[PDB]
Amino acid sequence: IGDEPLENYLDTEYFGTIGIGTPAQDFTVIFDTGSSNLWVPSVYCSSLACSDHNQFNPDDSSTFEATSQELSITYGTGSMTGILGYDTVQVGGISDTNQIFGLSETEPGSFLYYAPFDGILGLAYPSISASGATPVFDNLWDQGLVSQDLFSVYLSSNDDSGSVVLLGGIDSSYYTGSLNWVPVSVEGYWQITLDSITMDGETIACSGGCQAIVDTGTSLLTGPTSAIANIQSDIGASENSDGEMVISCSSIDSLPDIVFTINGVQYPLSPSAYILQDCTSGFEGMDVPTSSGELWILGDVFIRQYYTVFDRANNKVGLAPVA
Ligand SMILES: CC(C)CN(C[C@@H](O)[C@H](Cc1ccccc1)NC(=O)O[C@H]1CCOC1)S(=O)(=O)c1ccc(N)cc1
């Protein structure tokens, strides 16, 4: 069983350290349940974002094996191109030998330049991995490096220490109640069916069901712009001159929970969770069209409230309230 600590960066990004190569070269990577590729910047990249992050040097690793396979990924924000290679990845105390990963050759755009993390370690299904690159957790399981084909994620609140990805294990010290299991609706992302979103017993969005993904790599709770617009109005958030969805901090103590019904079970978010305070809305409009319909994204705003188990043995997501 492997424990990967995550840094909680301003309740917005959760990344941990990995080592690649022999001897290990260290990188910070987002542990991203909304994608499936592992990649880090490399010495082959001249993009600005590569220049201000750690760059992998295959020349200094005695276990690196080159390939001729190219890689390209487009994220919601950010993108990269590169080349695939094999090396040993140290993650969560596990020696992930023979791991294919992307060595970046381009990383355009400001987002990756200003981001504190070097790269991305995707934790979703192989079917959405660019160039069919074996995801890290698939390689761990293939090699028998975890005994149970699952991992769990605890994301801390209030910029606290303690966030972890637990590879091959479930730890009930991080939750209370009993885990409820949600079947994966479409294997790709960790995609599930949402039944409804309610507030004070009234349906405010997702009437008749909607598709959502559970995504550690997304900070906010996002949905189709139309539905989110109604939600913002429902809670009293309005856009600023600066484009910020401003909300009165007084409403944290007066507003009711917003309740997500998933596989028939109610998962409330208190206003303390869906209002960010330092006050702005934890909801964001973002349109994600797919074969299954527009995807909602249950990002860190949601996951901070529910210890989440990602079970590849039976293709289910488990949820329970955080301790
Ligand atoms: C660390 C990155 C990866 C963060 N992204 C989250 C990832 O989980 C992201 C979620 C997503 C899925 C499908 C459509 C759109 C977005 N996956 C993603 O695009 O996967 C790629 C490869 C497979 O299919 C598409 S983000 O959305 O770019 C993002 C960027 C900046 C902010 N402030 C918030 C979110």
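Here the PDB entry sets the residue numbers for chain A, with the shown residues being 1-278, 282-326 in order. Heavy atoms only: backbone and side chains are in, while hydrogens, waters and symmetry mates are out. If you check the header, you will see the structure was determined by X-ray crystallography, 2.0 Å. Ligands are counted one by one from 1 in listed order, and the atoms in each one are counted from 1 as well.
Contacts with ligand 1 are greatest for the chain named in UniProt as Pepsin A. Of the drugs amprenavir, minocycline, gallamine, lamifiban, pelitinib, the one observed at ligand 1 is amprenavir. The structure places no covalent bond from amprenavir onto a chain. Scanning the protein for heavy atoms near atom 20 (O) of amprenavir, the closest one is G34 O, 3.4 Å. With a heavy-atom cut-off of 4.0 Å, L220 does not touch amprenavir at all. Below 4.0 Å from some heavy atom of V291 lie the following atoms of amprenavir, by number and element: 13 (C), 14 (C). Set against the non-hydrogen atoms of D32, the atoms of amprenavir under 4.0 Å away are 3 (C), 7 (C), 8 (O). Nearest protein neighbour of atom 15 (C) of amprenavir, counting heavy atoms only, is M289 CE, 3.6 Å.
Remark: amprenavir atoms within the under-4.0 Å shell around heavy atoms of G217 are 4 (C), 5 (N), 6 (C). Which parts of amprenavir touch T218 is read off a 4.0 Å heavy-atom cut-off, strictly below it: atoms 6 (C).
Residue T77 touches amprenavir through backbone and side chain together, judged by heavy-atom distances below 4.0 Å. Per-residue contacts place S35 under 4.0 angstrom from the following atoms of amprenavir (heavy atoms of the residue considered): 20 (O).
Comparing heavy-atom distances from atom 8 (O) of amprenavir across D303, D215, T222 singles out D215 as nearest. Under a 4.0 Å criterion applied to the non-hydrogen atoms of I128, amprenavir contributes the atoms 23 (C). For atom 11 (C) of amprenavir, the nearest protein heavy atom (residue, atom name, distance) is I300 CD1, 4.2 Å. Residue-ligand proximity: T74 is placed with a non-hydrogen atom under 4.0 Å from amprenavir. There is no protein heavy atom closer than 4.0 angstrom to atom 34 (C) of amprenavir. In this structure, chain A contacts amprenavir chiefly via UniProt domain Peptidase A1. Neither the backbone nor the side chain of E13 has any atom closer than 4.0 Å to an atom of amprenavir (non-hydrogen atoms only). Regarding atom 25 (C) of amprenavir, its nearest protein heavy-atom neighbour is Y189 OH, 3.4 Å. Heavy atoms under 4.0 Å from amprenavir belong to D32, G34, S35, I73, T74, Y75, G76, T77, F111, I120, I128, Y189, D215, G217, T218, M289, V291.
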